[PDB]
Student: 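I have a PDB entry of MKC-442 bound to HIV-1 reverse transcriptase; a few questions follow.
Heads up: chain A is whatever sequence line comes first, chain B the next one, etc. Quick note: numbers on chain A are straight from the PDB entry, i.e. 6-88, 93-215, 232-440, in order. The PDB entry numbering applies to chain B: residues 1-539, in that order. All heavy atoms count here, side chains included; hydrogens, waters and symmetry mates do not. Header entry for method reads X-ray crystallography, 2.5 Å. Each ligand, and each atom within it, is numbered from 1 in the order the structure gives.
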Amino acid sequence: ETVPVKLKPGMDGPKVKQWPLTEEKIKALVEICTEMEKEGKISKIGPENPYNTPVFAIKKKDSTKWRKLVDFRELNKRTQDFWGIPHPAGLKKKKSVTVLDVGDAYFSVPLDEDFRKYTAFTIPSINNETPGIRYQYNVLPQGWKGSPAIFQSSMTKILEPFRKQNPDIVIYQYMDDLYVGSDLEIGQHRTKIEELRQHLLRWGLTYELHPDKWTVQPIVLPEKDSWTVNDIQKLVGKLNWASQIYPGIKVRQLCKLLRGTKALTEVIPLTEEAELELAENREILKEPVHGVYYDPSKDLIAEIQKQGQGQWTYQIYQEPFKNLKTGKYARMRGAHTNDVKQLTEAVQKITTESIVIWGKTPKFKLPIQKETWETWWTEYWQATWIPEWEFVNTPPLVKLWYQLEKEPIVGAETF
Amino acid sequence: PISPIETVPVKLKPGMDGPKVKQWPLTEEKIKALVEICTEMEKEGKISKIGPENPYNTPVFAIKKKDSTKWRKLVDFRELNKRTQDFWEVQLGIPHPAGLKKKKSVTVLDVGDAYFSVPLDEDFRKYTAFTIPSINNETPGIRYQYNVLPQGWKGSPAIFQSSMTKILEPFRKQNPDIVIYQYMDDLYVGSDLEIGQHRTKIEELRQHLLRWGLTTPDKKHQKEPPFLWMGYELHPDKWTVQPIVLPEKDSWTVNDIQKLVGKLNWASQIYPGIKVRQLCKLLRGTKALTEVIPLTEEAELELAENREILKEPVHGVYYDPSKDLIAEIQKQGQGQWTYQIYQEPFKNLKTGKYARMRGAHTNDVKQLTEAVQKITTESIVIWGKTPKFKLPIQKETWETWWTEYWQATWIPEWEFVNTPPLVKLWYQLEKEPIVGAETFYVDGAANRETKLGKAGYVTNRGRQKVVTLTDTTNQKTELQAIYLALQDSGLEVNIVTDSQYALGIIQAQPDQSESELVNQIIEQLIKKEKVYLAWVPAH
Ligand SMILES: CCOCn1c(Cc2ccccc2)c(C(C)C)c(=O)[nH]c1=O
């Protein structure tokens, strides 16, 4: 049957325009949609339905098979609330988590007839020689928040038998995904996961994270045989900025070493007073600032800075200077000449951690121009959900500070 | 004789009501024409005599066109329109000549009064009511309502197109090697079939439309190539540009110069060389649109060079999906870029240029990057593919720049082509302090309220200077301090400042700015053999 979904009081459906698509993509969406249309999941619609939601095609790893991805961000936001499952704090303390796309299960359930208009979408045509092909959903759409919700009774129902057979494994559902964490060893783990898929397949359904490894990393300050006017000037500027975080960070003694119009390359002898100050700073930076807790009723935020040479830094927080987590991302093999790829990959990684830790995606602040992002991010997108984002200008010092983060002695040695 | 086509469910905007505007008064003449026209339409099936059961109303008007000087009619739906629901955007992203695939033939069919061929949602009908006045407001005038998509009504175009799509679906399934393009009241049916097989297929399409009610056009009205598509003439073999005529006059108003500057600007996209600098220059301090500004010798001249360029036969090619798509770019002056997309050398599909985007602060590579993205967006829409690029910038200049820029940026598959001027990095701030070189400790401070300030420096070597400024700002002093350091130093310099703006200069390393001052600093930067900018916290 169909449960009466609705929009939040005063809201109207999305009327987001279709961004242009490549011919490869339009051809696949066309294939995919005639099929969905034949199977009864979507129906062509008229011009009386003024709504719209962007669509695109992504690649299902290992296959040539193109997957359809609708961007329901606007509909989701306008969709009434249903007050999902409470986040399992245990999930982060698990040796290895795996992700599975259970979005395919929704086509089975029908969509409230009165809500369908709101799911309208369009397939463009090259050079616009053909009018777009409009359809709306007759079933639960993938990527819509209302789906996992409405399909919850059925999801837990099919899940129990496995959960009891393996009570040491955690299963969490966000959107179309299922993250399964267990403390079992790689093989016993994955074999146990595939055990889950076989289970999941006898109804209709078909990433390897390691959360316990996510180390909180500190800021390590430079140490030197001799310090130059410049070195000190560089150090003083970072420390001064950093005092917005740890107010006990001081640069007065150091600043006195900068009294004088001397050559930038000139070496300055550090006064013991200046040396204690620095040592007291290292001690302060030795640990995360106090009293930072996650407030569930507040937007989570993720800022990123391009560090150069394939390196990237980010910090997830809710309040300025009160970080919940910080980190670095080094490009993945192959991404050598493409920043947008490194960026989308970073956003996906960061977003899954967020899901894994707090069970919600953050709102990003991306160091990219709007048009560069909008034109190419889909090319490298691989997750079923899509986070929110805003485009920003990276303050020179925020980057300078986080580049100071501690890296391994040698590295996580994979013998 | 209307149509067995299913109607579209139409409604009024959020709880509104249909128009109830009063019928404008008309003479016995204008009325008698309208009476004629409405007895006809009443029988074509398009409208229907109604009665006292309808409070709705729209004003009907009588105009005589030129075609027959015959009394015609016009219904003013402005009100009903502002009260009718919103429809999904009718086609507002139209084809571009450069993306058309050439065809052995294209035949344009006229689905002219096809608006009146499509039924109206019987429920909505009451809202389209109007009244034929009586001789100077006598007894009741004649009342009617539409039973088809009304000309000028808001939903007609959308609904007409949709209706046409459903009707056309069968034909398209049955012969995919035939492309039909729906625009307004035309169907541009094209194909690669033998001209005889083509003519035959079109007759079938025509006879198919006949089933659904669309009455077949007259031979007199028929349209033949080349087709006009705003600034272009599509010929079966290729496209050309429509004759763009600059009129010769002895008296130019501001309007004439603005309208002119417009047309010329449009031509800069197609024709190589167009210039409007001296024409625009005539606009300075104008006091009225009707103001007559005399053309200087210089405006006269460029106008003439223009008339000449514009009499060149710029022609073009159509798209062949089996050939490479290539896009070349030229930096035509700082901030201006020209590009031409082709598949086979010298046979362009499209050309164009991007105006000097006068921003607050960038660099050439960033700007080249932006021209490359705009182009890419264009190509995806036009051809659903991105062009291989040929860029006047060395692959080394790109690696050195992009790889270190604070912002994500990219250029798709591209290749270097040496067609000067090559874009490059005007300067690269040093990575570390210059040993040897003099160090300037610069400072500028101004009173934001009195706008009186000072700017100067002191160097490790002893040199110093201070300059007093009036009608300055603190940022200007901070910056002028930097300026003097550059002017007064040798080819290698180390400069220290607490100017937060200089911290931005160090990150982005702009080579063009919105500030003349920052600009001057750039000219000095570029001039040095080595510069090291070191920022330090103020106070
Ligand atoms: C005679 C050349 O006309 C341009 N032409 C056309 C018609 C055409 C005419 C006006 C606007 C758009 C398209 C088509 C289609 C739409 C039939 C084509 O495929 N190729 C082509 O060269």
Student: Please list, by chain letter, the other chains with any heavy atom under 4.0 Å from MKC-442.
Tutor: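 Going by heavy atoms, that would be B.
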Student: Looking only at heavy atoms, is any part of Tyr183(B) under 4.0 Å from MKC-442, and if so is it the side chain, the backbone, or both, or is it neither?
Tutor: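 Neither part.
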Student: Give me the nearest non-hydrogen protein atom to atom 12 (C) of MKC-442 as residue plus atom name, then the distance to 0.1 Å.
Tutor: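 Scanning the protein heavy atoms, the shortest distance from atom 12 (C) of MKC-442 goes to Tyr181(B) CD2, 3.7 Å.
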Student: Relative to the heavy atoms of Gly190(B), which atoms of MKC-442 are at a distance of less than 4.0 Å?
Tutor: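 In order of number, 17 (C).
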Student: Which residue supplies the protein heavy atom nearest to atom 3 (O) of MKC-442, what is that atom called, and how far is it?
Tutor: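 Protein heavy atom with the smallest distance to atom 3 (O) of MKC-442: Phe227(B) CD1, 3.4 Å.
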Student: State the atoms of MKC-442, each with its element, that fall below the 4.0 Å cut-off from a heavy-atom position in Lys103(B).
Tutor: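 Near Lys103(B), meaning under 4.0 Å from one of its heavy atoms, MKC-442 has 18 (C), 19 (O), 20 (N).
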Student: Among all protein heavy atoms, pick the one closest to atom 9 (C) of MKC-442 and tell me residue, atom and distance.
Tutor: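 The closest one turns out to be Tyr188(B) CD2, 3.3 Å.
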Student: Return the residue, atom name and 0.1 Å-rounded distance of the protein heavy atom closest to atom 22 (O) of MKC-442.
Tutor: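 Minimum-distance protein heavy atom for atom 22 (O) of MKC-442 reads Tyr318(B) CZ, 3.1 Å.
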Student: Tell me the protein heavy atom at minimum distance from atom 5 (N) of MKC-442, and give that distance in Å.
Tutor: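 Residue, atom and distance for the closest contact: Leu100(B) CD1, 3.4 Å.
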Student: Which residue and non-hydrogen atom of the protein lie closest to atom 6 (C) of MKC-442, and at what distance in Å?
Tutor: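 Checking every protein heavy atom, the shortest distance to atom 6 (C) of MKC-442 gives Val106(B) CG2, 3.6 Å.
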Student: What protein heavy atom sits nearest atom 18 (C) of MKC-442, and how far away is it?
Tutor: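 So the nearest neighbour among protein heavy atoms is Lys101(B) O, 3.4 Å.
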Student: MKC-442 and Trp229(B), any nitrogen or oxygen pair closer than 3.5 angstrom?
Tutor: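 Min N/O separation from MKC-442 is not below 3.5 Å for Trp229(B).
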Student: What is the residue-level binding site of MKC-442 with heavy atoms closer than 4.0 Å?
Tutor: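 Going by non-hydrogen atoms, it's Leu100(B), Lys101(B), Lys103(B), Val106(B), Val179(B), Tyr181(B), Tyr188(B), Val189(B), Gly190(B), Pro225(B), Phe227(B), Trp229(B), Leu234(B), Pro236(B), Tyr318(B).
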Student: Identify the protein atoms, limited to N or O, that lie within less than 3.5 Å of an N or O atom of MKC-442, and list each pair with its distance to 0.1 Å.
Tutor:
unit_1	atom_1	unit_2	atom_2	d
MKC-442	19 (O)	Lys101(B)	O	3.2
MKC-442	20 (N)	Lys101(B)	O	2.7
MKC-442	22 (O)	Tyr318(B)	OH	3.3

